[PDB]
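Reminder, nothing fancy here: chain letters follow the sequence lines and each chain counts from 1. FYI, side chains are in, hydrogens and waters are out, and symmetry mates aren't considered; it's all heavy atoms of this structure. We show just part of the entry here, counting contacts only within that part.
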Amino acid sequence: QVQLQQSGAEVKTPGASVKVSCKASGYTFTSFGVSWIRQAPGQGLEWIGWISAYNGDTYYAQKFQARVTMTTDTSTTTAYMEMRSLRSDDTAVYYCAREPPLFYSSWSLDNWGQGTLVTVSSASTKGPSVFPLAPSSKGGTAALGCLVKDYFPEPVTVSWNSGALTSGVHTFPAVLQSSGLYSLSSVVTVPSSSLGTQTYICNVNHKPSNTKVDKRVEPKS
Amino acid sequence: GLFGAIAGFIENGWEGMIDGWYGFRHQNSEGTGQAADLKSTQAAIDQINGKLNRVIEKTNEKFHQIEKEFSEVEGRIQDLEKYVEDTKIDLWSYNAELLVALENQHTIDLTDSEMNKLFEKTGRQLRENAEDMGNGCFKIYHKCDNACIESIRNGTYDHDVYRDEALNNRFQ
Amino acid sequence: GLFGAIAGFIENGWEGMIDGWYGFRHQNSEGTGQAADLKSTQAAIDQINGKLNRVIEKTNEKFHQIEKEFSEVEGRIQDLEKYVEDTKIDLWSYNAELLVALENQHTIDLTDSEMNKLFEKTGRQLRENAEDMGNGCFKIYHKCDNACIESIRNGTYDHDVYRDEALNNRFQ
Amino acid sequence: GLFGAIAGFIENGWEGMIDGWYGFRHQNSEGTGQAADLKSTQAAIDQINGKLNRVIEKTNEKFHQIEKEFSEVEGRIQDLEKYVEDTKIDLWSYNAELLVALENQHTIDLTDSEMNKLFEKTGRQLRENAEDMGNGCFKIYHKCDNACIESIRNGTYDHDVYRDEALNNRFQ
Amino acid sequence: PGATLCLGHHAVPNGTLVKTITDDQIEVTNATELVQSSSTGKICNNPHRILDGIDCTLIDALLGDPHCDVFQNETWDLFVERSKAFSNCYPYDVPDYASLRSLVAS
Amino acid sequence: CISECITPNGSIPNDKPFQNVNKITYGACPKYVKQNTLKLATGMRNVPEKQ
Amino acid sequence: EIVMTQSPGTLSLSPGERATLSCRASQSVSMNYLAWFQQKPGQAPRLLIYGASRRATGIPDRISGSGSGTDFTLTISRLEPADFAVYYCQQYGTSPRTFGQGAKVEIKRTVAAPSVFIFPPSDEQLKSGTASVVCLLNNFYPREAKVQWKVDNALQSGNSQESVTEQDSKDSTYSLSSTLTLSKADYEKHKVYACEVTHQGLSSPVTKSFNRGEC
Ligand SMILES: *[C@@H]1O[C@H](CO)[C@@H](O[C@@H]2O[C@H](CO)[C@@H](O[C@@H]3O[C@H](CO[C@H]4O[C@H](CO)[C@@H](O)[C@H](O)[C@@H]4O)[C@@H](O)[C@H](O)[C@@H]3O)[C@H](O)[C@H]2NC(C)=O)[C@H](O)[C@H]1NC(C)=O
Ligand SMILES: *[C@@H]1O[C@H](CO[C@@H]2O[C@@H](C)[C@@H](O)[C@@H](O)[C@@H]2O)[C@@H](O[C@@H]2O[C@H](CO)[C@@H](O[C@@H]3O[C@H](CO)[C@@H](O)[C@H](O)[C@@H]3O)[C@H](O)[C@H]2NC(C)=O)[C@H](O)[C@H]1NC(C)=O
Ligand SMILES: *[C@@H]1O[C@H](CO)[C@@H](O[C@@H]2O[C@H](CO)[C@@H](O)[C@H](O)[C@H]2NC(C)=O)[C@H](O)[C@H]1NC(C)=O
C-alpha cells in the first residue's frame, strides 16, 4: 500500500553523526525519487533535500549542502539520510517522502514516512521523578494529578488506574527545562465526593530509561 | 497497438508519472524534468469513460419470467422451457464475451492513438529545429531552457525564433 | 478521430466545399482558390456506401409466427410464449444498438483516416520543397503558380524541378 | 486499408517473397536483393493466430435438445417449438455474419498497420541520411554496401557515421 | 548543447489481464469487472414488497389453511415460498397446480 | 435494506451489466451469463519500466 | 530563496462553514507548482493539492486549490471535524523547495471560562532541593489566556514555563499548565503563593492562592 517505513528514534550528542533509513514498499522503487524534510518541535517544515532512486541525481538545500549526504540502496529498496557534525538545533522529526524520479517534475511529496525523531542533547539518559499534585476543596468538582519531572529523552507514558480512568484527564505536552531535562504534568478532574472513597494511582512509563513508576494522590490534611 | 507507439517505438511507460496518462520528460542546461500533459490524458480518459457508461447504462432486463427450475420430470413443455432458457443464456454469454473483446482491443488501440497524436503534434510544433530520434524523443538543436520547454508543452512555442541557431547546429 | 486529423490538427471543415468531401485550398502569386479532390472523396463514399448496403441487405425475417397477443389469462404455455418473444426482442434490440455503435465509430475513424492519407500523400509528393505547418497546411518554398498547384493536386508534380529554389529559400 | 500502406502508397505485393509477410528490396553498388523481415511478419502472424484461436475455441454447444422435426400437424406447442428454433437459428446466423465481417475488416487494417509501422521504423532509423520517395522506398544519399543495408534491416544502423556524406549529397 | 524532449506514457507496478480480439490474456493498467459474481446472502425487503411465506405455500394461504390464516388479504410484489413449507389442512390435489400458483402469484 | 435485484441466493447489486449468481431473478437485474468473470479494460496497455 | 507567506496564521471556524487559506510567494512560483499539505497533531503531513489546483488521489471535492503566479488560495467548502488541522503550502518550482509556516484551522465555540486550580510542591520533592508550584487552567476557550505568578504579591518573571493541550475531541476546549520553579531555599523564604488568570470569559481576573505551611 505504498508504505515508507522509517527507522527508530535516535539520541545523539553534539558533534556526532546520524544515519536515518526509509524502507519503501508497494511501488517500483527505481521509478521515483525520495525527498527528506525535517520539522522541529512545534515548528514548520524545512526541506533538506532530494535524491533520485532512478538516475542517482542529487539536489541539496544550500543550508545542508555541507553536513548532509543522501543515498539509496536499490536491492533493499531503501533510502538513507546522513547528517554529520550535529548541533542541538538539529533536534527534530525527520520525514522521508516520495517524489518524482526527475527533479524539475510536476508533482510533489505524495507519500510520507511516519518520521523518526532525532534528539541532539549532551544530557545522558535519566528516569523521571514523580510527585503528587494533591486535591483540596475550599460537595463539588475537584482536580488532582502527577508532576513527572526531570527525565530524558522523550517520550513518557501516563495513565490513570492502569487505564480504568479516562474521561476528564489531560496529559500536557512535555516542556524542556534549562537543565536539558523534560518535565510534564498529568491532571484529572473528578467528583470531590469520590475523593474520600476511591483510590487514584498514576502510572508513568519511561521506556528509554527502563523505568516504570506508580504514585498515588491523597489530601493529607 | 495499431499505431505502434505504446509498447511501440516508445520503449516503456513511466510508473513515476502519477499525475497523468501521457507526458514529457526533458533534459536541458538546467537539469531534467517530468511533467504530465493534461489535454491528451483527458482526451483518453473522457473516451474511456464514455465507453464505460455506454456499457453499464440501462442494461437491466425487466419482464415477467417463466419457471427456470423443476422438481419432477414431465415431458414436452418443460423440455421446451429448459431449451429456451439455455439458448437465451448461451446467446447472452456470447454477446458478453464478444463485447468485452471488441471493446478492449479498441481501448488499447485508442490509447495508442492518443500517444502517437501527442507525439506527431509535438514534432509538427518543433518544425525544423529538432529531429526525431526514433524512440519517441526529439533532439532539439538549439539551447532550450525551462521556459522554452514549457512553451512547447503548452503549445505557444515559436520556431522561427530558434530556426537559425538550430539549422546552423544541424547542418554543420 | 483515431488519426487526429478531422477535428484534429485540421482546425475545421469547409462548408463552402459543396463539390467534395476532401480538398485543397491554396494561396499563391495569382490569388487563392478551393478545389475538391475526387479520388479520396470517392474512396470514402464508396466505403460508406458498401457499409450501408451491407447493413440494409436481406435483413428481413420471414417465417411463420406464433401468437404474440393474448386476450385471456391462461397459464404456462402463454407465459412461455411471452417469455420467448420478450427474449427475442431484447436480443434483437441489443444487436441493433451495438451494430449502430460499432458501425458509427468505424465510419468516423475511416473518414479521419482518408483525410490523413490524402495529407501524407501530398506531403510525400512535395518532398523537400515544402514544410508541414502543423495545421494541415504546407509552406511551399518556391514560387508556385496555378498550373503547378494543379500539378500537385493531380499527382504529376515533379519536385526535382523546384528543389534548388526551394532548398535555397528554406535554409538561408 | 486504414493506414493506406498496403494497396496504399505501396504499389503492389511481391509474390516472390515466399519467406515472409513483409520485407526489404534493395539496390546498391553491388546489385539488388530481396529479404524478408522476421520480426514484423511474426507480429502479424501471431496476432492473426491469436484471433483465429479466439474464434475456434470452446464454441461447441452442449445441452439436451427439443424435437426440431415433426411428422404430423398439431397446434400451439409445436408452432412454438418451431418458432423458438427459427429465432435461435436467425440470431446465430446474424452473430456469425457480423463476427466474420468485423474480424476481417480488422485483420486487413492490422496487417496494413504492420506494414506502415515497419516503414516508419525504417525511416526513423535512416534519420537525415535518406528521403521518403513516397512509394515506400527510401533514397539513401550515401554509398551503402550490402553490410550496411543489412545493418538497417537488423536495427544496428548508425546514422552519424554517414551523416556528413549524405547531407553533403542531399543539399548540393 | 541543445536539449532532449521525450514523449512518454504512464505505467503501474501490477496491471490487470484482459481479453482482446487477438490475445487471450494481455496486461492493461486498469480494468473493471462486468459480471456480478457474489451475493450478500439475504433478500432485501425494499423497494419491492416481500411477503415471506414462512411455513405456508401460496396455495395454502389462498385456500385458507388454518396455520396460514395470517395471510388473509395480503399483498406482495415478490412472494417468497420456502422449503420448510407444508399443509396442515384437509389433504387435496390441484389439477394444473403450477398454473394456478402462477396466475395467483401474478 | 435496499436492493432492486433479488435472486434466490439473496439480493445482488445491479450496477454491473451481467451476473453469474442465478438464472432466476426478480426486479431489474443484470443479464445472466455463463462466465464468472469478464474484465473491461479502463486503461492503456501496461508496459512496466525496464529497470 | 522563495519566501512562502501564509495568512492568517489561525482561523476559528465552525463545522459546516467555509475556510479560506492564503499563500503569497515572494516571487512568481515557477510553473505554478505549488502544493498544499495537511498535518494533524502527532501524524505526518498528507498531500492535499499539487500543481496548485489538482487534488492528490483520495481527496474530496470540497477541498480545492486555486490561484497562480504569486498568489494562491486553499479552500474548504464544508468543514468536517476531520478538516481541523494545520495546513502548509510549498513551492516546488525551484531549488530550494520552500514551505510557508503553519496556517491552523480550529473549531469556533461558545466562549467558555477556565476552571483554575493551584497545587503546592510535594514535601517529597522539597526533600530533593527544588520546589514546583503548578497552576492549572481547565477546559476553556478561546486559547488566549494570561497566567501571572505572584509570590508575596511580587509579580514573577522568567521562572515559569507553560504547556497547552490540543483542542479537545468533544467540547473543543483547551487546557493549560503553568509551572513555577524555585530552589527550596527561595521557596521557604516567602509565604503567600498566588496564580492570577486573565481570560476572555472572566468578567475580571481570577486569583488562586495558598499560604505555605497551611491546611
Ligand atoms: C481503475 O479502476 C477503477 C474502477 O475499477 C476506477 O475507479 C472509477 O473511476 C471512475 C471515473 O473517475 C469513477 O466514476 C465517478 O463516479 C463518481 C461518483 O461515484 C460514486 O460511486 C463511486 C464508486 O463506488 C464512489 O467511488 C464515489 O465516491 C461515489 O460514491 C462521479 O461523481 C464521477 O462523475 C465519476 O463518474 C468511479 O466511481 C470509480 N470507481 C471506483 C470503484 O472507485 C479508477 O478510476 C481507474 N483508475 C484510473 C486512474 O483510470
Ligand atoms: C506557455 O509558456 C510560456 C512560458 O511559460 C513560463 O515559463 C515557465 C517556466 C513558468 O514560469 C510560467 O509561469 C511562465 O509563464 C508562457 O509565457 C509567459 O506568460 C506569462 C504570463 O503572461 C509571462 O509573465 C509576464 O512576465 C513579464 C516579464 O517577464 C511581466 O512583466 C508580466 O507582468 C507577466 O507576468 C511570462 O513572462 C511568459 N514567459 C516567457 C518567458 O515568455 C505562456 O503563458 C504559457 N502558457 C500559455 C498557454 O500561454
Ligand atoms: C446460488 O444458488 C444455487 C443453488 O440454489 C447454486 O447453484 C448450485 O451450486 C452447486 C455448487 O456448485 C451445484 O452443485 C448445484 O448443482 C447448483 N445448483 C444449480 C441448480 O445450479 C449457486 O452456486 C449459488 N450461487 C452463488 C454464487 O451463491
S.K.: Looking at contacts alone, what is the main macromolecule next to chains A and G, by its name in the PDB entry?
M.R.: Hemagglutinin HA2 chain
S.K.: Looking at chains A and G, what drug do you see?
M.R.: CR8020
S.K.: Quick one: what other chains come closer than 4.5 Å to CR8020, going by heavy atoms?
M.R.: B, E, F
S.K.: Find all residues of chain B with any heavy atom within 4.5 Å of CR8020.
M.R.: B:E15, B:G16, B:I18, B:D19, B:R25, B:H26, B:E30, B:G31, B:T32, B:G33, B:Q34, B:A35, B:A36, B:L38, B:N146, B:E150, B:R153
S.K.: List the residues of CR8020 with a heavy atom under 4.5 Å from a heavy atom of chain B.
M.R.: A:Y27, A:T28, A:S31, A:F32, A:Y54, A:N55, A:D57, A:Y59, A:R98, A:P101, A:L102, A:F103, A:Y104, A:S105, A:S106, A:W107, A:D110, G:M31, G:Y33, G:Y50, G:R54
S.K.: For chain B, which organism does the PDB list?
M.R.: Influenza A virus
S.K.: Write down the PDB name of chain F.
M.R.: Hemagglutinin HA1 chain
S.K.: Identify the molecule name that the entry assigns to chain A.
M.R.: Antibody CR8020, Heavy Chain
